[PDB]
Participant: 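One structure follows; several queries about it will come next.
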Amino acid sequence: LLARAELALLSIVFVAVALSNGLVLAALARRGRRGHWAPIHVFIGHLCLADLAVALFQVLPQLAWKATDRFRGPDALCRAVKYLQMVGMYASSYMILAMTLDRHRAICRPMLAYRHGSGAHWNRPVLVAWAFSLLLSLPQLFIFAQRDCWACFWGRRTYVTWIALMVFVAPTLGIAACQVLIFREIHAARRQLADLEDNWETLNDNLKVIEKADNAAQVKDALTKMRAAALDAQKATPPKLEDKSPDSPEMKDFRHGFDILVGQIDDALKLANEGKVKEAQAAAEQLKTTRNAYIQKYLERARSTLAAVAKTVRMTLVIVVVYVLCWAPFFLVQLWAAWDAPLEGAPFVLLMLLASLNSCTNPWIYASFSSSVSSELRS
Amino acid sequence: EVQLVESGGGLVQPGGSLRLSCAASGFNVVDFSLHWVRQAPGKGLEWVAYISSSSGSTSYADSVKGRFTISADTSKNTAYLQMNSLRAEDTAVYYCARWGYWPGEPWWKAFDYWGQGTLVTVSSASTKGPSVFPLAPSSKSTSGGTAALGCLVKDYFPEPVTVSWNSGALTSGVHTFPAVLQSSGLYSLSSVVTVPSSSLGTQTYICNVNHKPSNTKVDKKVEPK
Amino acid sequence: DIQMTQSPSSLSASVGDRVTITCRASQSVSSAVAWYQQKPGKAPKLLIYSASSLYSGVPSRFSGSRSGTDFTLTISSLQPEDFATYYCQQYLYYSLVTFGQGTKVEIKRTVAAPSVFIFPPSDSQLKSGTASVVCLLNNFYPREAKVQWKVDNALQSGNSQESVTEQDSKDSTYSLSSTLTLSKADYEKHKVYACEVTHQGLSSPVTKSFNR
Ligand SMILES: Cc1nc2c([nH]1)CCN(C(=O)c1ccc(NC(=O)c3ccccc3-c3ccccc3)cc1)c1ccccc1-2
């Protein structure tokens, strides 16, 4: 016997998914009551709501073996249940798709595209995804009608191919494209920050060499390397993760402190060219006051912001990877055996339960990758 | 309109002294650093010196340091370069370029308004007239077809010597090669002209050479051999 | 002392042809690198005033680019007035400006056969006590033409001076004149003088000779 095992699996999975999603949604609401609400909160909350939809529509009917034994009831009940199941599946896929699109928007081209965003837990992409999930699952009202309930129907193979293409292959390919684009952008930002760090390092090393230099050369020299490093550094604009507008600190406060820095380098070079090495040493010390004012804080801020966006992108990538690895085993079976296909694919429940494990584990992934929810140890 | 004008270039014996003046119009030398860049005959550019009038921060190349003196006069809005203890390789065309100041974009625009350039030559040779000789062809050579008829001028120190054929009537097929500085310090230059077959076209070509520095004219007559 | 080596010492191209010139710096100067164009007898003209930034009045076909320490100037549609020497300058600091050796862009045209003529000394020149023999190569496109002197069937070197005209824009061809000069005594004690020319157009060297 294996029906009891399936029932126990479904019961524990419902418990886990419902509890985790409810706890994370409650933490989101609590943090919203404070001044710690963020744009990503709507996306995570609606992904949680899609997970609850999966739990209550796609998992509850199967768990109840006194109601899914023969799907007793009027055809309206079965039609509604199947429509809700497909809506939940579409929503679970497309909320992750929307999250990845949000990452692409807020990393590749972080503009003021959060129009009509609100703390009421809704925005344009998520409502678009929900509406698309509702529309694309409409065909489910014209298939299942009190057949025990069964499909009423080339129709089956074509429909299953369409479902796997719309729910899994197309969203997954879009997500993969967005992820490769985001990876490229993040690598570009990392390389730019590494270049700025290297320029700062060259500045510091040549300052040390000037401090320990004892002749005209190594001062006239090692100031040219500093000047080249400063010229290269002031050109490096902040990554797309931060805005670039006039009066911004990064436009004036950064490339004005660098102007004073290069001016002091020029003064040191002017002194060195006259043989006044001792005088040129004083400019070396003078340069530190400008070095530690405009640039060190900018480097710290850039590193911290890059780390934060990298953490969010890693969270999204983990969610996507779990999504694919948990849903592909189920969709592939249908795709391979829905054509009447080499044989009959007897195992059905376990694959769908494994798929729902993804919805079970999303809230844990978010909490692990989120400091706001991680600090919510005491409830 | 912005313009740099150079003056003072000329002939000075080796070991002598010279002064090059670069006058600026359309801008004040206080707002710009004035650089002197020299190009040797048939050679690439190289930076000689510079002056910043605001800070009085002169500088010189390693090959001119100690002998060249760069100064500026804002009242006359000019930059002077005094060259002393001249040597053989100091001969060149000296241009006066203009370079902005660091804080803004004027710096990122490198030399953007050069001058006309003044040519200075240093040599022990004294001005003297040319000597012209014929380069008559041989009728045996290339019997039937193209022929060449030339005149060779040599032993003229100043470069400005000009050549013409039939008092300027003939100008097609005339090649006058660049003057080459001989080991003796004077110059040599050959002019040639291409003539068709049929007894050279029945036309007697005379090579007319003129030299203004020496105030000399020659009307050398060339005949076939 | 920052070297600014410019690899393409010379380059031949035709109108409508893309031409690229490269420059490499000893140290890592910043985007502080400029590209100038100089025509015979004229002061340079600032084409590119940063690593890649077109000047105000320059045609847009010119385009500069930078990658690390390697800079490049590219002309897409070479016009008839784009034939000129091109210089690459690094201007990191007021006393650290260094130019490149320069690349001379010339016109292209099918290989042409040099015409090799020989002019012996004139008696008028011999009156002063000196004899010169002139080997004239005419109307050949490749500037790389080798010329050598054979006096008494013995090769001679180090006593000849060669001058080559600029590529004239009427047919895009060169003319070279090599004059070998000797004293009266040296000219008197030898019988035969020859000038041999080797060129891409000529299949084999062409030797033009004469006797005393
Ligand atoms: C023509 C067609 N249908 C469906 C599709 N295209 C879309 C893809 N897709 C399957 O590929 C598929 C097909 C069949 C099963 N097997 C079962 O559901 C099952 C297994 C054991 C015991 C009872 C039932 C059951 C029977 C009737 C209604 C609900 C559940 C799973 C997945 C479905 C997944 C979820 C809802 C409808 C469909």
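Letters A, B, ... are given to chains in the order of the sequence lines, protein chains preceding strands, and every chain is numbered from 1. Counting starts at 1 for both ligands and their atoms, in listed order.
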Participant: For ligand 1, what drug is listed?
Facilitator: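 That would be conivaptan.
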Participant: Which polymer chain has more close contacts with conivaptan (ligand 1) than any other, using its name in UniProt?
Facilitator: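 Chief contact partner: Vasopressin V2 receptor.
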Participant: In this structure, which other chains have a heavy atom at a distance under 4.0 Å from conivaptan (ligand 1)?
Facilitator: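 Counting heavy atoms only, the answer is A.
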Participant: Name every other-chain residue that has a non-hydrogen atom under 4.0 Å from conivaptan (ligand 1).
Facilitator: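 Sure - by heavy atoms, that gives A:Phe71, A:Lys82, A:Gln85, A:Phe144, A:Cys149, A:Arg156, A:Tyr159, A:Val160, A:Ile163, A:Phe330, A:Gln334, A:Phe348.
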Participant: List the transmembrane segments of chain A, numbered from the N terminus as UniProt lists them, that have a heavy atom under 4.0 Å from conivaptan (ligand 1).
Facilitator: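 UniProt transmembrane segments 3, 4, 5, 6 have a non-hydrogen atom under 4.0 Å.
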